[PDB]
Chemist: 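Before anything else, here's the structure in question.
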Amino acid sequence: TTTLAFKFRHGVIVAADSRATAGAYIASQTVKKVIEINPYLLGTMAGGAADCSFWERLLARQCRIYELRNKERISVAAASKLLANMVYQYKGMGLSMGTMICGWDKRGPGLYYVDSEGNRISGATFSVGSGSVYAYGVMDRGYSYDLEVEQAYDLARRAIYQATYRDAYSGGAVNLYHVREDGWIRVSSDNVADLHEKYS
Amino acid sequence: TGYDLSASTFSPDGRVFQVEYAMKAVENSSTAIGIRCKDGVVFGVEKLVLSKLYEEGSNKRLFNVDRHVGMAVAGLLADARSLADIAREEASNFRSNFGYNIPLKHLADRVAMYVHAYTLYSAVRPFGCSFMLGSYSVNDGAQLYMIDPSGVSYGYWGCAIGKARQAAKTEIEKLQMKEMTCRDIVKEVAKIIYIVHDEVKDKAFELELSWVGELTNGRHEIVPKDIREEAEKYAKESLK
Amino acid sequence: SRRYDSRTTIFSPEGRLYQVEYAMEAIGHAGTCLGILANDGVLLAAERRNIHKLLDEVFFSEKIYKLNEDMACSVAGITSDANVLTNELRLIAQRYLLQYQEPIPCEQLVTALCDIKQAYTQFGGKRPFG
Amino acid sequence: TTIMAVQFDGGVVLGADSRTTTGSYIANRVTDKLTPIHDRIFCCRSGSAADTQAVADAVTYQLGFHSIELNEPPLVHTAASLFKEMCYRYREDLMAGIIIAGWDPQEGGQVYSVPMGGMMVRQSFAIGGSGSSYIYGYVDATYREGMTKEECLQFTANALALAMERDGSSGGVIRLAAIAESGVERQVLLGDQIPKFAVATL
Amino acid sequence: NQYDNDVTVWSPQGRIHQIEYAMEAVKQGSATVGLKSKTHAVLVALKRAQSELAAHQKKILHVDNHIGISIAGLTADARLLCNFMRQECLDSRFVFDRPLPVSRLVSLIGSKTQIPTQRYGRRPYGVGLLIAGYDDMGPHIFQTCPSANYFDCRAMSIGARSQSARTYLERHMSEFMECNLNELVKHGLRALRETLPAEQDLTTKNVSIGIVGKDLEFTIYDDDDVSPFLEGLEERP
Amino acid sequence: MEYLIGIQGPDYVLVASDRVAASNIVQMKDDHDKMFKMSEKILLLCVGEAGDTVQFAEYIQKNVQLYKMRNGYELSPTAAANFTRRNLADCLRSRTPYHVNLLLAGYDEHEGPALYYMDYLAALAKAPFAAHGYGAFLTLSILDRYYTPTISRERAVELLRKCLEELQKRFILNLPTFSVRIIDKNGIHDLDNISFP
Amino acid sequence: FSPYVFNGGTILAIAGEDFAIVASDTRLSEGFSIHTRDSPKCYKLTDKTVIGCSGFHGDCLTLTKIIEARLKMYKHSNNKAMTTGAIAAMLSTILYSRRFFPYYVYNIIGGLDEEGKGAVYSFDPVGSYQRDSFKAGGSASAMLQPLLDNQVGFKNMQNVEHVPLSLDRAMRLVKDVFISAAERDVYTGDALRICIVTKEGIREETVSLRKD
Amino acid sequence: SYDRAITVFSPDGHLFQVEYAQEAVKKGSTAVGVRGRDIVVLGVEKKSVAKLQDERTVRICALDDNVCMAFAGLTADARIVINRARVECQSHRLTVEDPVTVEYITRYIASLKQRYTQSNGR
Amino acid sequence: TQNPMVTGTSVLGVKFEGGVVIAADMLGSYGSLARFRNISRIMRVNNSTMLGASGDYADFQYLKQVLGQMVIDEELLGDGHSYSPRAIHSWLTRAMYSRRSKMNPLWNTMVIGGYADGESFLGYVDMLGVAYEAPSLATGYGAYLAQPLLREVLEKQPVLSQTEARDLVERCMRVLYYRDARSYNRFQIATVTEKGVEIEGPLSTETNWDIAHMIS
Amino acid sequence: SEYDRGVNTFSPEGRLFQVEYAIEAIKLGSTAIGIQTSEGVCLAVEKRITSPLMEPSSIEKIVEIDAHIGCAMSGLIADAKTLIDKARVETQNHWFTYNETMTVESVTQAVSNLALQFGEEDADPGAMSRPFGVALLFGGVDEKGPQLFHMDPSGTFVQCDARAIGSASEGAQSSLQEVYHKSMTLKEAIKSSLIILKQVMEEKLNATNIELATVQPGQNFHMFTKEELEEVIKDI
Ligand SMILES: *C(=O)[C@]1([C@@H](O)[C@@H]2C=CCCC2)NC(=O)[C@@H]2CCO[C@@]21C
Ligand SMILES: *C(=O)[C@]1([C@@H](O)[C@@H]2C=CCCC2)NC(=O)[C@@H]2CCO[C@@]21C
């Protein structure tokens, strides 16, 4: 699994692979590792597929309830805090979750890393999964806050592509999302075979 | 004064009037009769039909509490059904713990204690039903017990509950039931039922008969239809 | 149950809690207690209603109780209720000393006891402390 | 431990050894493993001393209450059922092998076995314990139908002595009880009363 | 009166006045008829609401593929009982893989309803029920009263002015056993028409039908679906 | 492993922590704050197991601020430390123990500066200087060598720099930048971060 | 004491434009023995949905009963039958409710969506599910899946027309793939049960596989 | 536990206990609030005993740094409500990481009072 | 139970035209010791249903208690509805699965046989809750030694008579006495037909030991 | 006396006393009107403003249950908050479990199940002591189209075409009888409801003393702003 996210001047970039594995058998090559919590808020999934899906869907329900009660959209920090509090109750019981919560709120862009161990950290650049180490190098050598939108797209695609090249448990396609002030857009879904053709 | 509103209140003369009012509820019901002979027990109920729209077998007042134990009720039918379920549960628990069929005296004592537990508190209401339990076994013989809304259980040779209990008792005292057979007892039960019924006030009725004895191998069951119809013929002949 | 219920914790048509007013009447008839605050100290002075010749002296005082190392109280009203409340005051002070390892401030102790006494005027169907 | 019960026409005969062991040390050498549950109902206890004592006391309590409420002498089957219920419910927690023998007016003399696990079976003779293994062939060869009380007593004593010779966990004295309608008679066999069998010598 | 406020108080006459007051709730409600042939069972319900905009309130409910009920009295109590019956049938299918016999369901209902009548601070269920069912013993019509008493009927009407329907049914009950489905439903509709004030008539709006039988799951015919049955029904006398 | 250090002076307390948040072999964050503000003159520094640190620290913070709201004055450092030890000790034998190592720094108007050390078993000690982590093993002797009770805050910052330089020379972990705060009668002051290029 | 055992079995689902196909083998086994040769692993839920369960048989039976009950409850509460996607989401929550003592069941749902098109949903034992176009599950899933990737998905094929899948070609492919599976997998054999879901309803077919 | 129903309906559709609580409010000290352009003004009536009251620890109370409350009626009830509100404010700071809105705490207090008009034994 | 103590070996079942036949030996083993040699492991549930069990005899006796009480409770109502063999099979499956899910199994393997509405029923339940139906069944070591012969007969001739089925059961019992160490020479045969449930008591098999002289 | 009777006592006429008294409490509230058309559902309520110092924007008589369902309330408005929270939680739980939107009838039924759940004994701690003094109008759009439902304190819920609740219900209901036809457009419904509300209100209808909301197929729940309200008010 390779998931990636970074904040730049024009918003948040989220990218993921699409390979689901059960041992060394490739169960799927079209899995969706990004959950759409609300039109302004996204989450990523790494680790246990069922765990991440269930708990982030539960977060989506709670966030909708918040919006109904308080007549205002929830903040990224509050959503990440809710998820961390929810998963702390099941510590030591074997949950495997690694999540990035991304959005735009009254403080601007936001990106938070939440894992089942208990971490909740804010940051400008994150990568989770088996291939996260390979994505970190490309992202760190290419990342600037003053990137242009197409440059940011290309950097994210390149980092996920290199991770799939080196990691056995990553592959399939690169699914890309751009969080902007008016909401997130689906940018592209590019197969890594076509990216191999483009980059070689 | 309000000395009669709770079952946890005595009156100045030492009476619990709520239990007496429940007994009044029993006296308004139609009459059930039980007769015991050396080899068995016979139960007869006058079952009033309040409309012709009702099927045959509606509002049964005779229950099977155990495969050897039968029950004949009078009063409030819902209370009687709840009590029948209590008795069934008692018999089941006895078989599961001690491993044989419950003696009738023990079952009557347990159910009478359960009934008595409702005559002590303001939080619950007394039962508005009276009932007879009947059984046969080789070891214990033939047993007939009666339980009233206060919780008193007594053994009988012949018992009657309901509206025409006194007239029925007068009729039952005319039988030398100890040296009779269950076949004769069925005809006599039917005859007494037809005697005590008041056609002017109560319109129409069915006769509900059951028995338990060596004739049935200690199993409580409904009297077979041919025996029932023969007994009804005898009863209608006797009334002229 | 409804017939025998005295309904202690309800309102009157004028917004009054009647059992509390009756308990105040009980306190108006007890022995006098006065407290005076000075620059160098503070004092309590009570009148003793146990003035029979055949009474024996034992203990420390009749109406003055020591709650802590730094606090004391005097009571007016029903004596048994006072015994209950003083036991509870001592418990509250020692629980605070266990939690924070400092002696409790006086107003915090008063507030805790008064929360207990407010509880009896709002729910439970029991009589207040006189 | 070696416990035995044999049924004859009109009653039962029970017999046991008298050894309590904590490992290889004999803590009690004259113990009574025959317990009066009721007037004509006895149990032979095998396994954990504490567990069997507790179960026996509980069954004695329950059976006495039952007999007072019913105003009848109890049945042997009822006592066996109470033992079976308790031993099956707490089978994970208890190590208790029981033999229940007795006389009642309805069925006569009866012998029931409740092994570990909590099953209940009626037998014409029952043996139990660790020494019971060594006398299975002997009881199968020697048991005959229609024995009298004296023959049953001799048969039980012979079997128990044979078991005590070969088992390190059995020994001491032989305790016997005969239960019939007329009541209970108890005997102790010690020393030269215990049957002797010649040992092979070269 | 000191005897008429609690369900735990007996009167000196031997009655419980709260249970009678609860039966009054069934007497006030809208009328329903139920009847059975040798193969089918039919429930006919007179739907009505407060105003014409307000759609006629739902009187016939689906309990199981072989059981349906009609309601009279307090609708929330009726939904409580309906949920209880649905759960009992589901548990029977889970454990024994067979449908629950109808008589045993009515026994369970009677057990449920009797408990509140014996305890302080509780009330009866102010609902009268008509149960239509099919099982291995044939078709069944059952009546349930707030007193926890239940009846096995050949036919029955409950509600307001239902005595006239009961009179009609008694007059014609010998025919029902030999009827076909349309004839049986028309008999029920005539009985239900007997309760309406002389000006009112039976329309596709105010009538609901419920049918169960040997080879038919419980069906609720409302609206256009009832037009096949309302056809060929002579005018009132 | 994470590093905490505290130095007590005549009228001040000086605390420093590292700014690294790590997962496996990567540094996920390099500007992490490990200091929690209990009141206007109390700081709590917490390291240990993930999740346990923030949950315990924020529970303590919430209850201390609730004391301020309810009573109109603030807990003293000693009382806050004893409250913390009570809660950690109570949870020690339950099913949800916290694996946290803590330092508590404070200033009291009547008692002066205070530094408190607490391990994960909930033993509470009062110290002139203290440290937590694997780097403590390397820097406690430097504090023993150069600390005097009458030390000024300029000299305290110099001694802190010595300790952090030793960590840069001899420690196997990459701890490149440190957060530095001081507590005095005027409250909590953020000093410059100590960074090594 | 082990609360699980492996009872074998292979299931297959293929989605079409106007059809769905769910197939399974009918052998029930334990260890090296055969329990029965006539135990199908496909169950009808609605007139538009079929489910396929493989794994531990006790869990399969219990889950089938639970799903049927939930469908009846939904129809009581909401007055309509459940859709294929709603069933999939409900099953996901049912599976996650046993997260710390799981159901050892592999589930494939096949049916029609609300536009009348074919839909296949695949689950793992804890409730992660995905919408697919074809899917294999069970003991011979690793044998069956690559062939379906090649023949239905046209993967690794160069200049091959992507003609839409027809019901005839799909039926032939299912039969051939199960014939190949029964050759190499010891848990697969006996008979093949094929259920075809269309707007006209559900239609069943049975073909024979080798009995050794 | 005590499970009597205190607040019940009267024949005219009135909850008499609520009306009597409103009478209790009518007996209390007068509080006036004015909303300004930049300020908010809160004034209360004092019942002052000459020379003998100690007003050193008495404050108009603060729920957080940004919200103030004034009460009329039974003072002990007001103390209970204020402490509950303060606990809720700290919980909101923990769970949302932002200070409360005035309407949020007003909603919490109003729901608490409503809950006490529909509970057994209160 | 976590450790079985007194156990029974294998139970056999065959359906024929007009009913079902079930067979079991009368032995309870305490490890390798043939301890209780006269116990019955077949039960008459009702006039249409019979049951046989292998495994822990105490768990079997508990089940006999519960099932008997359930049948009596149903017969008290007198409403003309009885339990079918299929309903008892489903109840048994639910009971075993519930016990397994609590990690407290009933250590039994059960065969249910019945005849209702002119149709024969034969069903298998295992300790874990695996349940199914088949035309012949065998538990324990009979699954390896007896099921082959029964299956071979049934594949060729799918419908049997009572005589043929009984003969086949006797052959299979002989094979089990030859090759199972926990087996006994006395068995019982239960039959369910339209007349009900009939149990035939201590039966023995005729053995052949001629190969003993071929050892040389 | 007030405590002679329990809360679960029947009248001699067969009605629960507390429910009848709560229904009488319904008659003291503000007037709400709901009209159902093939183009959607319209809900109009009157804000009963007692003082010029009250800010009318804090009076919420119409709430959003979900994007497809809205509610209008009359009576004891504080009691309605529990029911509304239950409705919101039910719709979100349904979306979580089934990945679809709830029907208006199911939401109404779920809320109506809470209505008679009151008592003194044999009830869990945290149970209700009295009924709810609110009438609710639910309006929404589901696969059956635009649906309008009415709920009263007895637990009874019905489906309605046009409906008025509150103090002026009888006269408003008669007017709705006169003006409702099945072929109305949503604009006509809005205008007709405002005409009737103007007729029954004791104040003069301006854009700050009323509330109006619509639910249409495709468009979500919409609360009218002041400007749109003035646009509609101009015609009346
Ligand atoms: C990724 O971490 C990974 C994915 O299968 C999983 C499935 C989809 C959504 C969440 C991410 N989880 C795993 O267990 C395998 C092994 C490592 O990477 C996986 C492919
Ligand atoms: C017998 O089984 C035995 C006895 O100690 C014990 C004594 C009291 C009555 C019950 C039986 N139990 C034991 O554990 C030892 C070891 C073998 O036999 C014992 C002697």
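So that the names make sense, note that chain A is the first sequence line, chain B the second, and so on, each numbered from 1. Not the full deposit; the contacts listed refer only to the portion displayed. One-based numbering, in listed order, for ligands and for the atoms of each.
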Chemist: Provide the name, as given in the PDB, of the drug at ligand 2.
Modeler: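 The drug there is salinosporamide A (bound form).
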Chemist: Provide the name in UniProt for the chain that contacts salinosporamide A (bound form, ligand 2) most.
Modeler: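 The chain with more contacts than any other is Proteasome subunit beta type-6.
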Chemist: I'm curious which other chains are hanging around salinosporamide A (bound form, ligand 2) with a heavy atom under 4.0 Å away - can you tell me?
Modeler: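 Heavy atoms that close belong to D.
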Chemist: Starting from atom 9 (C) of salinosporamide A (bound form, ligand 2), which protein heavy atom do you reach first, and at what distance in Å?
Modeler: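 Looking at atom 9 (C) of salinosporamide A (bound form, ligand 2), the protein heavy atom closest to it is D/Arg45 NH1, 3.5 Å.
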Chemist: Please list the nearest protein heavy atom to atom 13 (C) of salinosporamide A (bound form, ligand 2) with its residue and the distance rounded to 0.1 Å.
Modeler: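 Of every protein heavy atom, D/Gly47 O, 3.6 Å lies nearest to atom 13 (C) of salinosporamide A (bound form, ligand 2).
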Chemist: Is it the case that salinosporamide A (bound form, ligand 2) has an N or O less than 3.5 angstrom from some N or O of D/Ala49?
Modeler: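 The answer is no, given that D/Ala49 and salinosporamide A (bound form, ligand 2) share no N or O pair closer than 3.5 Å.
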Chemist: Is D/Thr1 close to salinosporamide A (bound form, ligand 2), meaning an N/O of one under 3.5 Å from an N/O of the other?
Modeler: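 Yes, at least one N or O pair falls under 3.5 Å.
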Chemist: For D/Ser46, take its heavy atoms, then give the atoms of salinosporamide A (bound form, ligand 2) lying under 4.0 Å from any of them.
Modeler: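 Those qualifying, in numeric order: 2 (O).
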Chemist: What atoms in salinosporamide A (bound form, ligand 2) come closer than 4.0 Å to a heavy atom of D/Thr21?
Modeler: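 This gives 5 (O), 15 (C), 16 (C), 19 (C), 20 (C) as the contact atoms.
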Chemist: Run the numbers for me: atoms of salinosporamide A (bound form, ligand 2), each under 4.0 Å from some heavy atom of D/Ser169, listed by number.
Modeler: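 Those qualifying, in numeric order: 17 (C), 18 (O), 20 (C).
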Chemist: As deposited, does any covalent linkage tie salinosporamide A (bound form, ligand 2) to a residue, and which atom would that be?
Modeler: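 In the model, the covalent bond from salinosporamide A (bound form, ligand 2) is to D/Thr1 OG1.
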Chemist: Could you find the nearest UniProt active-site residue of chain D to salinosporamide A (bound form, ligand 2) and let me know the heavy-atom distance, rounded to 1 Å?
Modeler: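 Least heavy-atom distance to a UniProt active-site residue: D/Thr1, 1 Å.
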Chemist: What species name appears in the entry as the source of chain D?
Modeler: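 The PDB gives the source of chain D as Homo sapiens.
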Chemist: Which residues and nucleotides contact salinosporamide A (bound form, ligand 2) at a heavy-atom distance below 4.0 Å?
Modeler: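 By heavy-atom distance, those would be D/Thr1, D/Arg19, D/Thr20, D/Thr21, D/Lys33, D/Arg45, D/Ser46, D/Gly47, D/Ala49, D/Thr52, D/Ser169.
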Chemist: Is there any protein N/O under 3.5 Å from an N/O of salinosporamide A (bound form, ligand 2), and what does the full list of such pairs look like?
Modeler:
{"from": "salinosporamide A (bound form, ligand 2)", "atom 1": "2 (O)", "to": "D/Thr1", "atom 2": "OG1", "distance (Å)": "2.3"}
{"from": "salinosporamide A (bound form, ligand 2)", "atom 1": "2 (O)", "to": "D/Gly47", "atom 2": "N", "distance (Å)": "3.4"}
{"from": "salinosporamide A (bound form, ligand 2)", "atom 1": "12 (N)", "to": "D/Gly47", "atom 2": "O", "distance (Å)": "2.8"}
{"from": "salinosporamide A (bound form, ligand 2)", "atom 1": "18 (O)", "to": "D/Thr1", "atom 2": "N", "distance (Å)": "3.3"}
{"from": "salinosporamide A (bound form, ligand 2)", "atom 1": "18 (O)", "to": "D/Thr1", "atom 2": "OG1", "distance (Å)": "3.2"}

